[PDB]
> 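Below is one structure. I have some questions about it.
The chain called A is the first sequence line; B is the second; the pattern continues. By the numbers in the PDB entry, the shown part of chain A spans 25-317. By the numbers in the PDB entry, the shown part of chain B spans 25-317. Values reported hereafter were calculated over all heavy atoms of this structure, with side chains retained and with hydrogens, waters and symmetry mates removed. In listed order, ligands and their atoms are each counted from 1. Heads up, header says this was done by X-ray crystallography, 1.8 Å.
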2 protein chains.
Amino acid sequence: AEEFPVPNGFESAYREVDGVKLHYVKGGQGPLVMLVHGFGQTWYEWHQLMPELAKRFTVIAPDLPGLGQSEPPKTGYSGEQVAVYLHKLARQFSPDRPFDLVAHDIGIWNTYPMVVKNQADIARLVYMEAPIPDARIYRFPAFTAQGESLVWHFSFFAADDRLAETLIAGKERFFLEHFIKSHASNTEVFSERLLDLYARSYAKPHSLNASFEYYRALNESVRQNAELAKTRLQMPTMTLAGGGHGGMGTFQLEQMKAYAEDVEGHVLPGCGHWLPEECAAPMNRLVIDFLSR
Amino acid sequence: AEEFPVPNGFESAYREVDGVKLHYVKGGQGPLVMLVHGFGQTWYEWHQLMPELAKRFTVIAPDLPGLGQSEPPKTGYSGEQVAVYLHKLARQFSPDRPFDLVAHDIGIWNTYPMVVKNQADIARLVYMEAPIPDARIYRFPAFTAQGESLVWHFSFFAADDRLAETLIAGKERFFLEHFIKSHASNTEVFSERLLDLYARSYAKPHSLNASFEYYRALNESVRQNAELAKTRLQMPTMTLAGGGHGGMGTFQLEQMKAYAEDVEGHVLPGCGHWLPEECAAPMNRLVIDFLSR
Ligand SMILES: O=C(O)Cc1cc(I)c(Oc2ccc(O)c(I)c2)c(I)c1
Ligand SMILES: O=C(O)Cc1cc(I)c(Oc2ccc(O)c(I)c2)c(I)c1
């Protein structure tokens, strides 16, 4: 059974990595590009970009441990632990060449440590719509003059007592729709069918828990990154962020400047947090052009 | 019927104020002191302080509109709107003399406007454990290096689509235990028996909704207070705050200095948000002594 429809010419498959069965969708020919999704989603958020990229690259889009059809991590959910799985998965398919990495949302948290620790393995890097976990996140406000902030979920999801699983269970579809649309500019792209598919996936009890364990490990990830960041990133990097409601605006590039020697950034007007779906055509174009250099 | 046990020698009664039936518990003789509870609780948080105060004062402890056994407000939930009900209630019992006010948590939000607008009616004032709604609240962090922040619930409760009622309905008892204990230093005072009492009250559907409407009106209260605060409070004031986990610490007094000419503050070590229950002996002593001047 597949949680999401696989594009033509792609295959849904699994690899064991350090005793954890990871799911991915793979297609194309050429140098490897790995696309890593974030919270509330799965490999499927990349399904529009994948066929275009597959004209020039071998494309792999894994499900993060515990999410989609991937088994939970056996080590832990901190960025350094999760990044091992993703790095080793990429290396199974690109053992002899560096590969490209594109990540969205918590896909950034789960890849940054393997990028900085294995720079020779990373040809080009694209990061969109999430802070790298560091002390900057402690400044985001709990509440705004316009009401509900965009970041209060960091605390909701990190809270103990399984607070988030307990309140969201039985209301997974309701909560996800609220979360996705409140972080969107272009809500129309989230059809009832698309929301149904994402909700069914993250509502699997181990996946609902996995979702929040990423946040329960966030402080540990920040502490980890405090040490890792002593080494600057040297590979060509591009950042993307939405400039509309729900988006991160200038933060993405400005943070990345502290991490990378060679970075260019774009802010996409009229687009929120969910760039691959809200603004597929220009996002796809920018990613394809940057990687095709 | 009574949701909470009335102390010996007190009465539970109701008063209709501008078309809204307010519940209160009253006892004692002498000048009037009104005690106003906050979120998650009812008049009952004051039940240990009340008999002591009643030796020197007429004591009234109302349920906030919509909470406990009080009807929802008919105007709205902004501070200025709710303060009218509380001011009129007090003045029914003390029409020719000023009265004392003690308020905790959102009790502050719901009384500040009537204090500033009717300064001659307030002899002495005690505020504990909440910010007065102003722009300072936009600076509190969504997430901290220790985990769950103090005020992330501001956004949860303010969120559209009845997000909070939808998630919390049926899980009120679970949620309230988490909320109260996460904001406490001395968690041991929150027995299952006591939590049962509070949860059964706020689980009434109109009470669960009323609770969150106070937060949905928070930005309105901030706008209201920006005008009101152009006049400083002139009456003797005391602030209390917990110095332990969950407490507001030095913020309480520091903010109050901007609002009051005559203020003394105390931070109680090893106590969190729930001062009357976590640290009954020193809190009661501070309040009784201050009002007895
Ligand atoms: O602190 C700054 O410089 C500016 C800043 C402020 C915030 I609130 C913020 O959080 C967001 C915003 C959008 C979003 O979709 C998500 I998920 C989190 C970020 I990233 C940066
Ligand atoms: O950042 C600052 O200025 C200091 C600050 C930080 C926070 I997070 C905060 O919110 C609280 C604190 C305790 C509490 O019990 C509740 I409910 C809310 C406050 I008030 C002040």
> So I'm looking at this entry - what's holding onto ligand 2 the most? Name it the way it appears in the PDB entry, please.
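Its main partner is CFTR inhibitory factor.
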> I'm looking at ligand 2, any idea what drug that is?
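PDB records name it tiratricol.
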> Please list, by chain letter, the other chains with any heavy atom under 4.0 Å from tiratricol (ligand 2).
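Chains with a heavy atom that near tiratricol (ligand 2): B.
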> Considering B:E278, B:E153, B:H177 one by one, which has a heavy atom nearer to atom 17 (I) of tiratricol (ligand 2) than any of the others?
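Comparing heavy atoms across B:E278, B:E153, B:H177, the nearest one to atom 17 (I) of tiratricol (ligand 2) lies in B:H177.
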> Where is the nearest protein heavy atom to atom 16 (C) of tiratricol (ligand 2): which residue, which atom, and how far?
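Of the protein heavy atoms, B:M272 CE, 3.3 Å lies nearest.
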> Per the PDB, what organism is listed as the origin of chain B?
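Per the entry, it comes from Pseudomonas aeruginosa (strain UCBPP-PA14).
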> What about B:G270: any of its N or O atoms under 3.5 Å from an N or O on tiratricol (ligand 2)?
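Yes, B:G270 has an N/O under 3.5 Å of an N/O on tiratricol (ligand 2).
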> Provide, to 0.1 Å, the distance between atom 1 (O) of tiratricol (ligand 2) and the closest protein heavy atom, together with that atom's residue and name.
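Of every protein heavy atom, B:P165 CD, 4.0 Å lies nearest to atom 1 (O) of tiratricol (ligand 2).
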> So which protein heavy atom does atom 5 (C) of tiratricol (ligand 2) come closest to, and at what separation?
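The closest heavy atom on the protein side is B:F164 CE2, 2.5 Å.
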> Which residue owns the protein heavy atom closest to atom 12 (C) of tiratricol (ligand 2), what's the atom, and how far is it?
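For this ligand atom, the closest protein heavy atom is B:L174 CD1, 1.7 Å.
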> When you measure from the heavy atoms of B:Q279 to every atom of tiratricol (ligand 2), does any distance fall below 4.0 Å?
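No.
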> So which heavy atom in the protein is nearest atom 3 (O) of tiratricol (ligand 2), and how far is it from that ligand atom?
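The closest one turns out to be B:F275 CD1, 3.9 Å.
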> Check for other ligands or ions under 4.0 Å from tiratricol (ligand 2) and list them.
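Below the cut-off I see nothing.
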> For tiratricol (ligand 2), which atoms, with element, lie under 4.0 Å from some heavy atom of B:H297?
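So the answer, numbered in order with elements, is 15 (O).
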> Could you tell me which atoms of tiratricol (ligand 2), counted from 1 in the order shown, lie closer than 4.0 angstrom to a heavy atom of B:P155?
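Going through tiratricol (ligand 2) atom by atom, the ones under 4.0 Å from B:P155 are 20 (I).
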> Please list, in number order, the atoms of tiratricol (ligand 2) under 4.0 Å from a heavy atom of B:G271.
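Heavy-atom distances to B:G271 below 4.0 Å select 13 (C).
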> Could you help me figure out which residues touch tiratricol (ligand 2) at a heavy-atom cut-off of 4.0 Å?
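By heavy-atom distance, that gives B:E153, B:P155, B:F164, B:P165, B:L174, B:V175, B:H177, B:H207, B:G270, B:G271, B:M272, B:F275, B:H297.
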